[PDB]
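A deposited model with caffeine.
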Amino acid sequence: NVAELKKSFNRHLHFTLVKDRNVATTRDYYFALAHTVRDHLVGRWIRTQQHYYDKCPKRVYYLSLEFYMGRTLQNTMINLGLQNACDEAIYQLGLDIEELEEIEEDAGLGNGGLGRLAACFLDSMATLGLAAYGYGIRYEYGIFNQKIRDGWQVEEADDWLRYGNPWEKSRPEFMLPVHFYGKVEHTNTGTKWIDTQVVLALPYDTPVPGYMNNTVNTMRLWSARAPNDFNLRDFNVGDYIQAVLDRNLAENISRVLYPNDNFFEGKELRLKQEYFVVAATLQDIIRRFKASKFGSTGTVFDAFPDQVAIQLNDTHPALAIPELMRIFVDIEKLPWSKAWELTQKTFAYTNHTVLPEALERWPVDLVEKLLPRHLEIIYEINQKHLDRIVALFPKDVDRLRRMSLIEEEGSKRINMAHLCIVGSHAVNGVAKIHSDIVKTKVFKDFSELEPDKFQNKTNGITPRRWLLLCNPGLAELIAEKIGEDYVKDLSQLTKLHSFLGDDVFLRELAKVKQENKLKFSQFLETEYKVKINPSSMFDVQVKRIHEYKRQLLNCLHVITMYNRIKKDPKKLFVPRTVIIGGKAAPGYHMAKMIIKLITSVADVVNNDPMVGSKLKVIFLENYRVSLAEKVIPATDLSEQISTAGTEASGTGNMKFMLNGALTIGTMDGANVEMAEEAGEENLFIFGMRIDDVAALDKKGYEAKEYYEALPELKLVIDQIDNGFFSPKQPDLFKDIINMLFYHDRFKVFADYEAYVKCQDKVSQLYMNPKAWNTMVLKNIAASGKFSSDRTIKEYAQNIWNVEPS
Amino acid sequence: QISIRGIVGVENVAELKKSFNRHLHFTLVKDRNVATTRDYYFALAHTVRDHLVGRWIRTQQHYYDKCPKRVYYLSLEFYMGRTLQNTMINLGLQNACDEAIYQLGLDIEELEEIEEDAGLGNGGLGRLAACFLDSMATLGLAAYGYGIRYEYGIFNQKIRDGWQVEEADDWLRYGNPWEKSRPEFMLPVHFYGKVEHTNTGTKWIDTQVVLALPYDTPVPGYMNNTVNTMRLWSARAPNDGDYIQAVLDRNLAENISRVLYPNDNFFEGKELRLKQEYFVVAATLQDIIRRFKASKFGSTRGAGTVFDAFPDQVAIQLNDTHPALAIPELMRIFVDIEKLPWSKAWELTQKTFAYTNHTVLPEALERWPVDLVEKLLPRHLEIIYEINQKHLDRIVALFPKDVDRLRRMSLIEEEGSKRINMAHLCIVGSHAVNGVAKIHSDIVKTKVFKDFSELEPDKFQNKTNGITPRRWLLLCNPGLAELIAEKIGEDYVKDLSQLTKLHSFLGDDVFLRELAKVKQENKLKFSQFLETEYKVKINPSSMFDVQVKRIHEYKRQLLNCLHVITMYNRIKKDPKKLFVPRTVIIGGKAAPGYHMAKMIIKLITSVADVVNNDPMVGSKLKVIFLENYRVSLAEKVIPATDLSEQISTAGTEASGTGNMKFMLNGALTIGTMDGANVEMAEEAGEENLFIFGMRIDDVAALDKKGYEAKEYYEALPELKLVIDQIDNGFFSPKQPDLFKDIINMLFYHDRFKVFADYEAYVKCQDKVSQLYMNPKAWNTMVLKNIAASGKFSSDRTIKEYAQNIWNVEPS
Ligand SMILES: Cc1cc(C)c(NC(=O)Nc2cc3ccccc3cc2C(=O)N[C@](C)(C(=O)O)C2CCCCC2)c(C)c1
Ligand SMILES: Cc1cc(C)c(NC(=O)Nc2cc3ccccc3cc2C(=O)N[C@](C)(C(=O)O)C2CCCCC2)c(C)c1
Ligand SMILES: *Cc1c(COP(=O)(O)O)cnc(C)c1O
Ligand SMILES: *Cc1c(COP(=O)(O)O)cnc(C)c1O
Ligand SMILES: CC(=O)N[C@@H]1O[C@H](CO)[C@@H](O)[C@H](O)[C@H]1O
Ligand SMILES: CC(=O)N[C@@H]1O[C@H](CO)[C@@H](O)[C@H](O)[C@H]1O
Ligand SMILES: Cn1c(=O)c2c(ncn2C)n(C)c1=O
Ligand SMILES: Cn1c(=O)c2c(ncn2C)n(C)c1=O
């Protein structure tokens, strides 16, 4: 088995890379290994498809504009049971497998939580044997690579396909046309959408192997191509060369991921992406349905929602609803009511945020020009929707305004969330607190009519990538005590509760953490030229840079610690390495300022000789999935400090819990449920809760009162305001200060005192290894709920109506 | 050739079947139950490429170990066609692969037709490069081809309402199983910026950078151990307003290798074209220098790398002036980067480069505006000026009284907008300059660059073009290849001169029959193709009269067309008279901006509609415009041909290579004494070709006197009828004035004197008709043509370059 892996490796280096070992590159070796590994799942990949054809299980289609997949090599080795053998084979060839793994580019086709949920789900659905496909866009450039230059974020193109992707297979025989612009004619043979521009969607298939089973599912991502055929409407002259160059304009549709996290930008190219992935995906689903054993019978499509479920990852693919209607009515000649019944039973919608700047509201003018037939269909859905509300509440005219899919205020906009609610048989939030707000407040008018529609499905993370892969030390240690059933049923981690008084096991737990810390410290000293204190608490905040996630609040605490040290250098101080990391959306000015502040603080703290090894600050550059795997297992304190009510769930919070970090955080999103499972006393909960925030909004938030009432806050803010951290540019952080005092929607100062006292309690506990690791163990033992396997089981039972196999 | 019989032969087929099935499973990721013909083609291509990896690696090892002088064919074009069949044959695997595919239940022909042409060329220039690579591989020379990996080759041509329309040749849509990317050899290329003159010397600063990423395609030799390489460069944006627009604008850098400029024998001075030329030249020279430094002949001394041995290790052939920037680029690297003195660097440059001239037509000549070059390549403009100055100084020293000679020999044309004459740059920067046939090389030497060759008589040479007898006989015409093998053995494939041995069968009627049958079999096959693509009933006993080449005023498809109408008019005039029936096929792409060429296509299709549908004509005469003429199609139609039309005006066609393909494939030639036609006449005997019309002195005499087209129109009744028909709307009844531009050119601006050769052409055609009625006499002449075609093997051509230009030896 080791011997055969070596032969296979050498075959690929030879035949696939056309390389003698004498001129072989590190990248060649990565590619030879990658192909060797992929060969081992082809059999099951082809047989998984046969199985789905022969037995016709209901299929699940996860439709997302993002899949934040990270690297595939190590994950595939783990899920196929080949890691130990591949490591040994590569070692025997005089090579280091970790070095080959670092060659691989992240498939960074996502922004943050939403896209990473899609990735974990694919892994969970494959492990649970569901007939599930992921459908998205193969962006030529994913989320940008982040560099820091002079303390500022700078963006470089994520050219991830430069050298090829060995994990994908293009299937141009399954290419599909997508239409744009044109016009509508309502003829006597039906409605015709004509004079359209066509863009081709070419699918690329990546295998999604289950963990130690016979399932290999598919992720199918679409790529834009210009069509080749001459239309008699191209008779119209132009330069030949420019016409060929202008093919770029069609191909631009799948060129780059929009790097906005929780923020809507109403750009036309983005709308095209949304319809692009949706039109190609639905056509492909219909083609597979018709070619299946339920493809003939009276109309073939009566069995459709028994054979197809399509999950909408946020409102980004909301156009799927009117497109399915369009295909049913205009092309398949089904009557409206029938089509509409089938549409609702096919689609479910997942809501990921209640922040108003994230909500998709497309101007009707833009949709009219680009997708005239879909506007007509949307207007019709709304008409029949509003007729019913006038029928049920004749006197309530304002309710019609609130429940319409169209917002009429001057420039008219389509509310895509309302489209997703009326077009779906089920709508879910991603944590209890969030799903509650969704149902009872934000879509109150919709839930009162249809209470059974709105559900909760709390998020989760795959314990393959986020334990087995990223933290083998912990995985091995856990498996040695309670066996390895926990991988496929993470609720088994509760059996670790037995070892709470096992002092030898607590030393061994702490040692695994220590080894993870040593190794990441090396990474940090290689990359940042900063001397790391090995016995310091690794205090880590990693996530996209946002005002609501409040990296800024963390930063105020960093300066507070700094100042305390300067005031009394002889005083006892629990040493920390504070790591803050994450990308700012390029056009997000305040996020970019916060980054600059953090790097400005770090430079002052890291180089102050009075501080030395007590406090080091690192801005972690280019935070992404594969770096997430490095830092999270090395963490002691997980910062999850969003203002109560703002973070729908979080998922990084769960990753840290699973890898032996304690959480400091607000009662927000999934933090509440982490407290529920682990016991509130075993997290470091602080600050305002959702009701306390509501009470401060009512009363009116005055930031100045806290700055005057809290001496340590004043010195921190003054240092920032008067140039202590930017001596050559004293006024550099003016935009931040202004925001804090006059426009802070997230109430940083209001939680500052509570946050700082909480941080003191964390330091106390860190001085007591037995107490700390006793608490860590209760966290790990209670983390089973947050496996995405549990999540998918609930989606399967209560929404998709499908069964693990 | 590898065996399919025995214990070992059975195991060869078995192994090919297993490999086929491995690739369909592991590479294509397809069960047989959902596999398509395209999947089967790829599975086979992968299998076939696998079989040359061993030799490809060993060839590179041998070149590293024995360190011979390396040859670098540098071209903007490689018109390669399809690779699958050509590789199987050259590897000796066709019989075995055929057998494997057959046993798997598949149609080998159907799999072969799936393959896209690598149509990265316009015509003869691109195709000569292609033939040359095959020959250099077969002769065992350490040669690389260097080009651009165009995302789109020459456009696919379709005909709509009688006009050419262009569609993008999206040849990489389904991938390319032959190439291998080599990311580690990615190189930077610089553009724009400016020149700084400082204490440390000249710096080229503020440049925008474009990345060149090479892709390698194997070039297998015929039945030897050599697999050489074609390295083609692809343009990429470097990883270093609106973020999204910044990402989208990476397209601008990648546009450098997006599309092939579809001009044949015509200079279009576009900035994107200039970029392409510098791109391929900069990437290539860097990569060549890198290979030189890393080899056993790469030594070190006080300054740095000794490039003393560079010209004994490196020969670079410039295929036309397109990569002329190679000369100042090498000088830039030598002087600006490697710090060699100008004198030494200039001497090494001359010893390294050789230049091949392919056309004397003024409109084809590359003359780049100094303003464009200054903006794009400012340091290269300085180097060109410096080269020119030192070049003029020597001429002033030698000929002090001749003020005009300086003007004529300058690399700069100074009137109006100043332009860089790239041919002059190539002559002074190279130690050898060659034309592509005797007639043409003589014009290059004694007339066009008379001042240059007088100063350096040993510089100018001839190297008459050739074609590879692999693709253009063994591959395209297995029937004829087989027949020749039966009669004289298989040694002709490696020594084409052995075709003269076929003279033993001169009076042998059995063999003359056998030769006719092969031609008939090729005609029957090609007739099928024709009848499924065009609404025509092909007469199978008709003479196949073919003119396939790019549409040009100088190649005179129009003349062919005038003769077609003449024939039509003769049938109408005397319906019951004896007519030797013909299928007249004319095919070729027009450059998209070539107005007159497009009009000529419209004329031909318009004429075809009349002739094909006139019931009085019937099966006597059919006209086909063959759509989308390209290499793989040339391989179908050439073997099916009886008469080859090579009717360019005397002195315009530098060589021609189609002429050679037709000769080798059993067709007789009607043509002028132009290009290699002269040498075809020399080899076969002039009486065995149908030579007609003005020769080069006759065209000179007519130019001096002045050409009055109307004198021929008035003097020749039959021409009058033809021209009046076209002018008055006989062929465009719904648009009577449609061909007004053609008439206007023919009468007042015809640089190629169509009417001047009409009389001699039509009379010559009558003689061809007469001979075709006598099978015994017709095929006797065919035999003397095939038997005399050995000279035109590209092997012969390459040995001559090697011995006289590159100073390397066949192995
Ligand atoms: C164009 C090309 C073709 C092939 C087939 C390869 N891959 C190889 O494996 N090439 C080589 C294999 C060797 C095996 C033994 C000894 C020497 C070998 C050299 C090569 C090779 O390609 N040579 C280089 C890369 C070359 O450029 O020819 C070499 C020149 C001498 C200095 C070291 C680099 C490759 C890579 C390319
Ligand atoms: C996404 C994907 C994955 C794979 C692994 C393949 N390649 C296959 O070989 N797929 C199939 C193998 C089968 C083997 C036996 C019986 C049925 C099989 C079906 C497939 C298959 O994937 N079928 C298609 C392509 C499917 O996508 O379900 C189906 C689509 C509708 C038209 C008829 C073909 C492929 C091709 C894709
Ligand atoms: C887990 C993950 C996220 C989500 O992080 P949150 O703290 O829940 O917002 C974002 N980016 C990457 C790379 C991740 O792995
Ligand atoms: C050989 C060839 C040519 C060159 O033909 P000429 O008659 O010499 O101009 C042009 N196009 C193709 C496809 C060829 O194979
Ligand atoms: C728009 C968006 O990405 N929302 C995010 O979705 C993920 C996955 O549900 C949540 O963990 C997170 O709280 C939420 O902010
Ligand atoms: C610029 C160009 O493509 N010239 C062409 O070159 C080929 C190959 O040398 C000749 O056969 C042909 O006569 C000539 O027109
Ligand atoms: C104001 N603003 C932005 O401008 C922005 C953003 N995310 C991306 N962008 C551009 N967020 C979250 C934001 O609040
Ligand atoms: C005038 N003209 C052109 O304009 C042209 C051309 N080949 C391409 N083009 C555009 N030729 C040969 C030509 O004579």
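Simply put, chain letters go A, B, ... down the sequence lines. The residue numbers of chain A are those assigned by the PDB entry, with the residues present covering 23-319, 323-830 sequentially. Chain B is numbered as in the PDB entry; shown residues: 12-251, 260-830, in order. Ligands are counted one by one from 1 in listed order, and the atoms in each one are counted from 1 as well.
One finds caffeine in this structure at ligands 7 and 8. For caffeine (ligand 7), the chief contact partner in this model is given in the PDB entry as Glycogen phosphorylase, liver form. At a heavy-atom cut-off of 4.0 Å, the other chains in contact with caffeine (ligand 7) are listed as A.
The protein heavy atom nearest to atom 12 (C) of caffeine (ligand 7) is A:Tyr613 CE2, 3.3 Å. Shown in contact with A:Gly612 at under 4.0 Å from a heavy atom are these atoms of caffeine (ligand 7), numbered in order with element: 4 (O), 10 (C).
Contacts of A:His571 with caffeine (ligand 7), taken as heavy-atom pairs under 4.0 Å, involve the side chain alone. Closest to atom 7 (N) of caffeine (ligand 7) among all protein heavy atoms lies A:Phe285 CB, 3.2 Å. Using a 4.0 Å cut-off to heavy atoms of A:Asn282, the atoms of caffeine (ligand 7) that qualify are 8 (C), 9 (N).
A heavy atom under 4.0 Å from caffeine (ligand 7) is present in none of the residues that UniProt lists as binding AMP in chain A.
The site surrounding caffeine (ligand 7), defined by heavy atoms under 4.0 Å, contains A:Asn282, A:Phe285, A:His571, A:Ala610, A:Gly612, A:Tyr613.
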